[PDB]
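Below, read A as the first sequence line, B as the second, and so on, with proteins coming before strands; counting in each chain starts at 1. Atoms within each ligand, like the ligands themselves, are counted from 1 in listed order. No hydrogens, no waters, no symmetry mates; every other heavy atom, side chains included, goes into these values.
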Amino acid sequence: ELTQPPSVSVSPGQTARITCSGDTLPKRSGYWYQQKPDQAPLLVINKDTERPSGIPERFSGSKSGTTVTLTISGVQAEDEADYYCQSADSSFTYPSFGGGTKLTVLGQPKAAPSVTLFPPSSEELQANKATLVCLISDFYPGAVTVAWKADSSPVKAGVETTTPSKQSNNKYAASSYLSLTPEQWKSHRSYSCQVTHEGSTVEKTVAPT
Amino acid sequence: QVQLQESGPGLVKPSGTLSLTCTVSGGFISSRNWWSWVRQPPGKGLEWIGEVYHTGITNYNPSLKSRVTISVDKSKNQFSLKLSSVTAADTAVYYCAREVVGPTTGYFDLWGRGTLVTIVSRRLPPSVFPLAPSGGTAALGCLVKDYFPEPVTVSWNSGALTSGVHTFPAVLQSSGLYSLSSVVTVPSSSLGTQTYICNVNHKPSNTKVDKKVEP
Ligand SMILES: CCC(=O)N(c1ccccc1)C1CCN(CCc2ccccc2)CC1
């Protein structure tokens, strides 16, 4: 078994150290892979200390007996990824993998969310259902609160909100769904999605056609 | 350079058999390397399934060994995986990979792109609803409501529209069903004359819909 920490976080330009520990590393060596979302792993360090030719110079490896370490100097945003160490068992019958280390790169600039609010489609209403969809994008940090209002009274039931998730451009996205009956939808003058982020609020409103 | 590409069914019934093939191009199956399959359940770590040498010698993860078959076919320059008696724990992205194996050490030096295989037991087809869209820019979209299991794919205008497309992560509702939305931001000026169609495909329930989104 290989042991690596589940997470490491570093600020841009700093040095990241990811360790891997296991009794097989002296004889079977360690190999490091980087893996980004929707991609296969990529070997970044071969046989403890060798850097493959296409890998940037800021990646290096070290060995310390039953521990091996991947070091990334001058970390860049593009280095955020999962990192896996790999060895083999003591009988050299099968590979072993560590659990993976997510490297998070801190210090992105704050960014206020954009908000789009959609009313129920006519197709949905004909199915005797109603959903309002509040889409929240391009914010940082990755914490937001959503509040729904019927006219100006708070709505709590029927709300489903995702936990924010990182987009391709390293800002976060979230979505919130309000389920209503068509009778609720038509009865009120409007509905609103209020998105709060770091103490500032953005509100969108929709109304029956 | 050698390239690897997985192929095979992306959906398997419970207790059925997963079957995948890796086509090797650019090089021969016959070589000093070993050929292997590695899988990764969504959000989890890597798990090695097994390896095969071009002569046919095999060696499997002992936690799977009763259910795995790996074979090689030099006439087609391919190697294959069969995994029998599947359950939900077998849902994963499956990679084929090339191993460099020395007398005392081994590692992986080449990987396919990976293919998701889902073991589908219960399933529910989504409803797909248009999210209808002045000057400036305009948002329009598609709501893919109440499907199970993951995943759904969304494209727009058959893949021709890519810029300004944001397909949001799905929400897992208290109902135990998924919903997701895909939104594209377009010039308000293109609305009167550009047709926008969201292409939704939920393969577990064979829901394949191209939904026109109109003002
Ligand atoms: C004399 C037999 C022999 O040598 N083997 C063997 C054992 C049982 C059945 C068939 C063959 C080897 C076992 C180990 N694998 C490599 C494991 C690996 C892969 C990737 C990275 C790290 C380690 C190579 C073949």
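The macromolecule with the greatest number of heavy-atom pairs within 4.5 Å of ligand 1 is, in the PDB entry, named Heavy chain from Fab of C10_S66K antibody.
The compound at ligand 1 is the drug or drug candidate fentanyl.
At a heavy-atom cut-off of 4.0 Å, other chains contacting fentanyl: A, B. When each atom of fentanyl is checked for a heavy atom of A:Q86 under 4.0 Å away, the hits are 21 (C), 22 (C).
Shown in contact with B:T58 at under 4.0 Å from a heavy atom are these atoms of fentanyl, numbered in order with element: 9 (C), 10 (C).
Within a 4.0 Å radius of atom 9 (C) of fentanyl, the protein has at least one heavy atom. In this structure, atom 1 (C) of fentanyl is not in close contact with the protein, since no protein heavy atom lies within 4.0 Å of it. Within 4.0 Å of atom 5 (N) of fentanyl, not a single protein heavy atom is present.
The deposit lists the name of chain A as Light chain from Fab of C10_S66K antibody. Taking a cut-off of under 4.0 Å to the non-hydrogen atoms of B:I57, the atoms of fentanyl that pass are 10 (C). Source organism of chain B in the entry: Homo sapiens. In terms of polar-atom proximity, defined here as any N/O pair under 3.5 Å, B:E51 does make such a contact with fentanyl. The option from A:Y31, B:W34, A:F92, A:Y94 that lies nearest to atom 14 (C) of fentanyl, judged by heavy atoms, is A:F92.
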Does fentanyl have any N/O pairs with the protein under 3.5 Å, and how far apart?
| from | atom 1 | to | atom 2 | distance (Å) |
| --- | --- | --- | --- | --- |
| fentanyl | 15 (N) | B:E51 | OE1 | 3.3 |
| fentanyl | 15 (N) | B:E51 | OE2 | 2.6 |

